[PDB]
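By convention in this document, chain letters (A, B, ...) are assigned in the order of the sequence lines, proteins followed by strands, and residues within each chain are numbered from 1. Reckoned from all heavy atoms, side chains included, excluding hydrogens, waters and symmetry mates. One-based numbering, in listed order, for ligands and for the atoms of each. According to its header, the structure was obtained by X-ray crystallography, 1.8 Å.
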2 protein chains.
Amino acid sequence: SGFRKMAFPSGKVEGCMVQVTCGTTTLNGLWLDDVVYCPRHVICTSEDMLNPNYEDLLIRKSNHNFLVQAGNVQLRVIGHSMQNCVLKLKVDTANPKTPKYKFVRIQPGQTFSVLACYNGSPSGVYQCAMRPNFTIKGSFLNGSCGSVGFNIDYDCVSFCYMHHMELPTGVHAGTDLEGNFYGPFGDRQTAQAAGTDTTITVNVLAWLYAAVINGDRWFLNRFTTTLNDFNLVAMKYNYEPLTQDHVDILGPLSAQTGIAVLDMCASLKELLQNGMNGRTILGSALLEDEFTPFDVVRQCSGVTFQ
Amino acid sequence: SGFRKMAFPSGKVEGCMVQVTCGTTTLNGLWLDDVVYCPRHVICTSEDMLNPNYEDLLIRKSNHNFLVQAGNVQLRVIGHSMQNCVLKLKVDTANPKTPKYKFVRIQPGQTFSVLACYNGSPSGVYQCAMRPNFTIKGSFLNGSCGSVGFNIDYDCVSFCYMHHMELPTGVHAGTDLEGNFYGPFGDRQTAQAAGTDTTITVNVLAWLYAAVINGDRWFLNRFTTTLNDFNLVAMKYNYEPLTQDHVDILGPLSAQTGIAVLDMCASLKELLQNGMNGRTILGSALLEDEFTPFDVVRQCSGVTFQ
Ligand SMILES: *C(=N)[C@H](C[C@@H]1CCNC1=O)NC(=O)[C@@H]1[C@@H]2[C@H](CN1C(=O)[C@@H](NC(=O)C(F)(F)F)C(C)(C)C)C2(C)C
Ligand SMILES: *C(=N)[C@H](C[C@@H]1CCNC1=O)NC(=O)[C@@H]1[C@@H]2[C@H](CN1C(=O)[C@@H](NC(=O)C(F)(F)F)C(C)(C)C)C2(C)C
């Protein structure tokens, strides 16, 4: 029993982190086979960040301008190119610790673990969700860019995020590993703001199921609702619409507990309309939306990674 | 910016996890040099758990009765002994992945990361605190015993917890790596209950400082208090006493922010007496007590591990 915001084991990703320095600037890179992936703004000076011409700044860099270190060990750069907002530095040594891996572009609502790093070394690991406004609520400081977000499925690490920047309110934005930003953001120090966020309804329902599984059942009521009528309430409280696909994805937890998804929807409707009146669910005073259905099942069934 | 419940990178500990099977029962072990540490109740059958005589059950086991596997690879057991509530299985192969490590007995109030494991494989990592009642609020299922809790300082893993059992309310109990339980518990399926818990006052203050550092300052008031008068309020709300040592330990965060510890105490006093009136601090609707002063500084300054 118990339910925690649980991150993936980070060892496979730790073996891939390196330091990338270009002149003054040092940030993190990801070393897979003989390629190091890092944010392209490593090539910028504190002078011009308001709007760099990255393509131009890069023509004036050569391989030797990039100091890549894996721990103590320098890795010689033997080629370089830019793909959208990331640099790919070909090095003379393939990482012997390269896990089985894929690059994925996650969808808003999905979760992943961030391995926060500085100077190529890990500081810590935590779980996040890609928010509907394409930000993540992370914890990042100067020097953290190039830190990555990932999922693990058995033996395969799916890299889905690389960290690039921090928006007003202290939320964070970044790219997939092909260097394409999530959301309408770019890597320039200009006036950018996240869109209004929304609550990930299907994840809240998944967490309510997690609560029932753990014995925290006080919020279950006797009623049901239709999908359409539920979504009218969701909208008012800035919850995203629940689709039939969401309902189907909740099927395993619904089956395990015997609580139809629409019955759980009626219980969530009442929580939105009436609040929690000082009670908690799974120790929380607010409704939690950063556990997917798969996260709940993984944690409550003990899924492990090879 | 941002502030997250952050766990230590788990790679050093992952390389140490193994599966230990004795007859039916399989749980996790920790493989350091040529010794595997695991909970002694691996030698029990589902028949007698209400009160095993472990010393007796062990005399009838020989080395070959223990199947130890590190991934696919069997490790031959060449000796065995019991130390309090853990078994030490000497094996014929030293773990080549053994990190620099120590065994520590943590104090209530301190935090550590748990690497939850099943069948010798990691499921996930999360941060916990040793509660004043010597429990942790973890997430554990059948088969998770032998999962360990740890801190990292530079290159050194301090192992402080091994998981043994779950108490009513869904809280968890275990031992240090010398097999001595934290708290008044034992490894027998009998009526055991945690004592009444209390809130870790010094950690709440540390988190309030973390909030100020992140710009969330609405709860700061203009007043101060004495240590003695603050502790009278703390007591009423089931907060542990704040000592001068606690004040001194908060010195770095007090210096960084310019807010005297006793000024922050006056602000916490007001939160306890008046509540938060629907506001949040660092995204939370409740006061958080599972960040130590060192955790806050580590996260807000980017401390990394070699
Ligand atoms: C990479 N190491 C840092 C990570 C930032 C730094 C503080 N916390 C973070 O997550 N990334 C940057 O410094 C990027 C970088 C230029 C400036 N920048 C920002 O994150 C800035 N934000 C924005 O410009 C805004 F508001 F548009 F998001 C800053 C104001 C410094 C936080 C480039 C190339 C975007
Ligand atoms: C080790 N793999 C499990 C972990 C438990 C199992 C469910 N969630 C956990 O953390 N440990 C046990 O099964 C231990 C073991 C006997 C029974 N046990 C318990 O945790 C039981 N608890 C107690 O007896 C109580 F209440 F005293 F804490 C159980 C009721 C099965 C949860 C021994 C040797 C303690």
*Give the name from UniProt for the chain that makes the most contacts with ligand 2.*
3C-like proteinase nsp5
*Drug at ligand 2: what is it called?*
nirmatrelvir (bound form)
*For nirmatrelvir (bound form, ligand 2), which other chains have at least one heavy atom closer than 4.0 Å?*
B
*Which residues lie closer than 4.0 Å to nirmatrelvir (bound form, ligand 2) by heavy-atom distance?*
B/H41, B/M49, B/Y54, B/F140, B/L141, B/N142, B/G143, B/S144, B/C145, B/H163, B/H164, B/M165, B/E166, B/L167, B/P168, B/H172, B/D187, B/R188, B/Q189, B/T190, B/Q192
*Could you tell me whether some N/O pair between B/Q189 and nirmatrelvir (bound form, ligand 2) is separated by less than 3.5 angstrom?*
no
*In terms of residue, atom name and distance, what is the protein heavy atom nearest to atom 18 (N) of nirmatrelvir (bound form, ligand 2)?*
B/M165 CB, 4.2 Å
_chain B: main UniProt domain in contact with nirmatrelvir (bound form, ligand 2)_ = Peptidase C30
_Regarding nirmatrelvir (bound form, ligand 2), does B/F140 bring an N or O atom to under 3.5 Å of one of the ligand's N or O atoms?_
yes
_chain B organism per PDB_ = Severe acute respiratory syndrome coronavirus 2
*Nearest to nirmatrelvir (bound form, ligand 2), which UniProt active-site residue of chain B is it, and what is the least heavy-atom distance to 1 Å?*
B/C145, 2 Å
*So is there a nitrogen or oxygen of B/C145 less than 3.5 Å from a nitrogen or oxygen in nirmatrelvir (bound form, ligand 2)?*
yes
*Any protein heavy atom nearer than 4.0 Å to atom 30 (C) of nirmatrelvir (bound form, ligand 2)*: no
_Covalent link for nirmatrelvir (bound form, ligand 2), residue and atom_ = B/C145 SG
